[PDB]
Asker: 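My structure is below; once you've seen it, I'll send some questions.
Naming: A, B, ... by sequence-line order, numbering from 1 per chain. Note: hydrogens, waters and symmetry copies are ignored here, and every other heavy atom, side chains too, is used. In each ligand, atom 1 is the first atom listed, and ligand 1 is the first ligand listed.
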Number of protein chains: 2
Amino acid sequence: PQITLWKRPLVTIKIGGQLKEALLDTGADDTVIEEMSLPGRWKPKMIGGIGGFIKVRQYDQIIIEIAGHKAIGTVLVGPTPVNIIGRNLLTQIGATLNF
Amino acid sequence: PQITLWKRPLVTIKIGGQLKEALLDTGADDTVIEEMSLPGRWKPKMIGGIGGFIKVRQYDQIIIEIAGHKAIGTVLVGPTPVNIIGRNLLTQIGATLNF
Ligand SMILES: CCC[C@@]1(CCc2ccccc2)CC(O)=C([C@H](CC)c2cccc(NS(=O)(=O)c3ccc(C(F)(F)F)cn3)c2)C(=O)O1
Ligand SMILES: [Cl-]
Ligand SMILES: [Cl-]
Ligand SMILES: [Cl-]
Ligand code: NA
């Protein structure tokens, strides 16, 4: 689609068998999801943004469906105030900024 | 332009006659830039990001060039890891997210 930015660019995702709402965020290096269980191994990570840093769990090789488009990559899980799809997965669905 | 997301979407902005680098961030409602002098009065605001909330100074009706496009709108000044152009000015420059 072509998404205008008059409102927050929220889309439905599917991750870990669960349907969720998430924010498409061109400013985020990484994808970070509110607390949930994911299979496989993880390791701890600290990531920074406005407000400072949070500790998250880093799960690699996780498949997510974003607005109908399948991608795989690293997903971080931790106390983010909103689910965020960042550049590591936006590239895989061919997202661009256009003006 | 069409900007892909394999790297951070950094562009040149001009504010107050000074060139700066800023991040185009579709996950940001607002534009927040690092400490600098702006003209006029300011109002208080608190904004949230992934690490919690920060206090900023809100300046309205500020002239700012973004990647060669003119905008005139609200700029928040406060502690921020990078200068962020959010949706309030991305809409002024006609930006959309496409996939
Ligand atoms: C101005 C607030 C912006 C935002 C708002 C989130 C939000 C939305 C709705 C409701 C509540 C909150 C969105 C955003 O991109 C970030 C930052 C980047 C500026 C962010 C988001 C996601 C992950 C990170 N960490 S990171 O390691 O992937 C990373 C670190 C640094 C930068 C850098 F470019 F900003 F420097 C980009 N990415 C940061 C953030 O902290 O909050
Ligand atoms: Cl769960
Ligand atoms: Cl990845
Ligand atoms: Cl504005
Ligand atoms: Na894994």
Asker: State which of farglitazar, dihydroergotamine, tipranavir occupies ligand 1.
Answerer: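 From the list, tipranavir.
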Asker: Of all chains in the model, which has more heavy-atom pairs under 4.5 Å to tipranavir than the rest, named as the PDB entry has it?
Answerer: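 It is bound most extensively to HIV-1 protease.
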Asker: Other chains near tipranavir with a heavy-atom separation under 4.0 Å: which ones?
Answerer: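 Based on heavy atoms, that gives A, B.
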Asker: What is the closest protein heavy atom to atom 38 (N) of tipranavir, and at what distance does it sit?
Answerer: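 So the nearest neighbour among protein heavy atoms is A:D29 N, 3.1 Å.
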Asker: I need the atoms of tipranavir closer than 4.0 Å to a non-hydrogen atom of A:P81, numbered in the order shown.
Answerer: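 Result: 11 (C), 12 (C).
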Asker: Nearest to atom 30 (C) of tipranavir by heavy atom, A:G48, B:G49, B:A28: which?
Answerer: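 It is A:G48 whose heavy atom sits nearest to atom 30 (C) of tipranavir.
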Asker: When only distance counts, is A:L23 in polar contact with tipranavir, meaning an N/O pair under 3.5 Å?
Answerer: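 There is no such contact.
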Asker: With a heavy-atom distance limit of 4.0 Å, tell me whether A:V82 approaches tipranavir through its side chain, its backbone, both, or neither.
Answerer: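 For A:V82, only side-chain atoms sit under 4.0 Å from tipranavir.
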Asker: Report, in ascending order of atom number, the atoms of tipranavir lying under 4.0 Å from any heavy atom of A:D25.
Answerer: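 Selected atoms, number and element: 13 (C), 14 (C), 15 (O).
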Asker: Could you tell me which atoms of tipranavir, counted from 1 in the order shown, lie closer than 4.0 angstrom to a heavy atom of A:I47?
Answerer: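 Near A:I47, meaning under 4.0 Å from one of its heavy atoms, tipranavir has 25 (N), 27 (O).
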Asker: Side chain or backbone of B:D30 under 4.0 Å from tipranavir, or both, or neither, by non-hydrogen atoms?
Answerer: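 Near tipranavir, B:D30 shows nothing, with every heavy atom at 4.0 Å or more.
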Asker: Extract the source organism field for chain A from the entry.
Answerer: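 The organism in the entry is Human immunodeficiency virus 1.
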Asker: If you count the atoms of tipranavir from 1 in the order shown, which ones are under 4.0 Å from a heavy atom of B:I84?
Answerer: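 Selected atoms, number and element: 19 (C).
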Asker: Compute the shortest N/O to N/O distance between A:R8 and tipranavir and return yes if it is under 3.5 Å, no if not.
Answerer: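 There is no such contact.
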Asker: Examine B:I50 against tipranavir and note whether any of their N/O atoms are separated by less than 3.5 Å.
Answerer: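 Between B:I50 and tipranavir, an N or O pair is found under 3.5 Å apart.
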Asker: I need the atoms of tipranavir closer than 4.0 Å to a non-hydrogen atom of B:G27, numbered in the order shown.
Answerer: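 Contacts of tipranavir toward B:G27, numbered from 1: 5 (C), 8 (C), 13 (C).
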Asker: Considering both backbone and side-chain atoms of A:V32, is one of its nitrogen or oxygen atoms within less than 3.5 Å of a nitrogen or oxygen in tipranavir?
Answerer: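 Looking only at distances, the answer is no, because the N/O contact criterion of under 3.5 Å is not met.
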Asker: What makes up the binding site of tipranavir if contacts are defined by heavy atoms under 4.0 Å?
Answerer: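 On a heavy-atom basis, the binding site is A:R8, A:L23, A:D25, A:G27, A:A28, A:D29, A:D30, A:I47, A:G48, A:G49, A:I50, A:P81, A:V82, B:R8, B:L23, B:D25, B:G27, B:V32, B:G48, B:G49, B:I50, B:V82, B:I84.
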